[PDB]
Amino acid sequence: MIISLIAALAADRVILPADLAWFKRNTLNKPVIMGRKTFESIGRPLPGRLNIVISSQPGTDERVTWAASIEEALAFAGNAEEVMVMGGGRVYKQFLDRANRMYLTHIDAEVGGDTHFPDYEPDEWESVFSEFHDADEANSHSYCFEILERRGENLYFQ
Ligand SMILES: CN(Cc1cnc2nc(N)nc(N)c2n1)c1ccc(C(=O)N[C@@H](CCC(=O)O)C(=O)O)cc1
């Protein structure tokens, strides 16, 4: 199982219909993992996806799967090839070390707020996909879709 982070980042790692569409393309038909506040932000289960919500305060919405921990979350995702972790801030940080792939939307915007996507060391990651877009009528800012994979373990010894 590949564990993947997916997130939209403004300038300075701070956390557009095209991003949402990108989000959907990349999560549809997969298990999606999220914290409770993110689930509340969406306002609903995501159709066509196995919704796993991690929380110590499991809600009454039986349409989604409620997990108490990362381990139980990954267990519900079973033998999936790829599990999508979609926020929020704390959850990204809690999954980072296990993640081997990241889908990142780099939004060209400078916005305040003190909630950041985790510090990751760029050297430890490589880009396998990248796609820039200009701002248009529907999308207020330029933005860049990117997929990063964790560089494999260095196996060489002198
Ligand atoms: C607030 N929230 C969290 C959210 C928003 N944008 C993101 N964008 C990216 N790149 N990554 C995320 N993790 C992400 N998360 C939301 C809110 C709405 C929907 C939503 O209604 N998505 C529909 C898309 C609706 C449509 O495009 O027609 C879907 O089917 O996935 C998703 C996430």
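Sequence positions for chain A are given in the PDB entry numbering; the residues included correspond to 1-15, 25-167, in order. Determined via X-ray crystallography, 2.3 Å. Counting starts at 1 for both ligands and their atoms, following the listed order. The figures that follow rest on heavy atoms only: side chains count, while hydrogens, waters and symmetry mates do not.
Drug identified at ligand 1: methotrexate. Most heavy-atom contacts to methotrexate in this structure come from the chain listed in the PDB entry as Dihydrofolate reductase. Not a single N or O atom of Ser50, backbone or side chain, sits closer than 3.5 Å to an N or O atom of methotrexate. For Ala7, the closest heavy-atom approach to methotrexate falls below 4.0 Å.
The N/O atoms of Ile6, backbone and side chain alike, include one that comes under 3.5 Å of an N/O atom in methotrexate. When heavy-atom distances to methotrexate are checked against a 4.0 Å cut-off, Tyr101 comes that close only through its side chain, counted from C-beta outward. The nearest protein heavy atom to atom 28 (O) of methotrexate is not closer than 4.0 Å. In the entry, the organism recorded for chain A is Yersinia pestis. Within the 4.0 angstrom cut-off, atom 16 (C) of methotrexate has one or more protein heavy-atom neighbours. When only interatomic distances are considered, the shortest N/O to N/O separation between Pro56 and methotrexate does not fall below 3.5 Å. Of the options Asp28, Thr114, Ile15, the smallest heavy-atom separation from atom 8 (N) of methotrexate is shown by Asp28. Counting heavy atoms closer than 4.0 Å to methotrexate, residue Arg58 contributes side-chain atoms (C-beta onward) but none from N, CA, C or O. Around methotrexate, within 4.0 Å by heavy-atom distance, are found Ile6, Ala7, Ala8, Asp28, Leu29, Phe32, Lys33, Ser50, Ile51, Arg53, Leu55, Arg58, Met95, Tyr101, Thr114.
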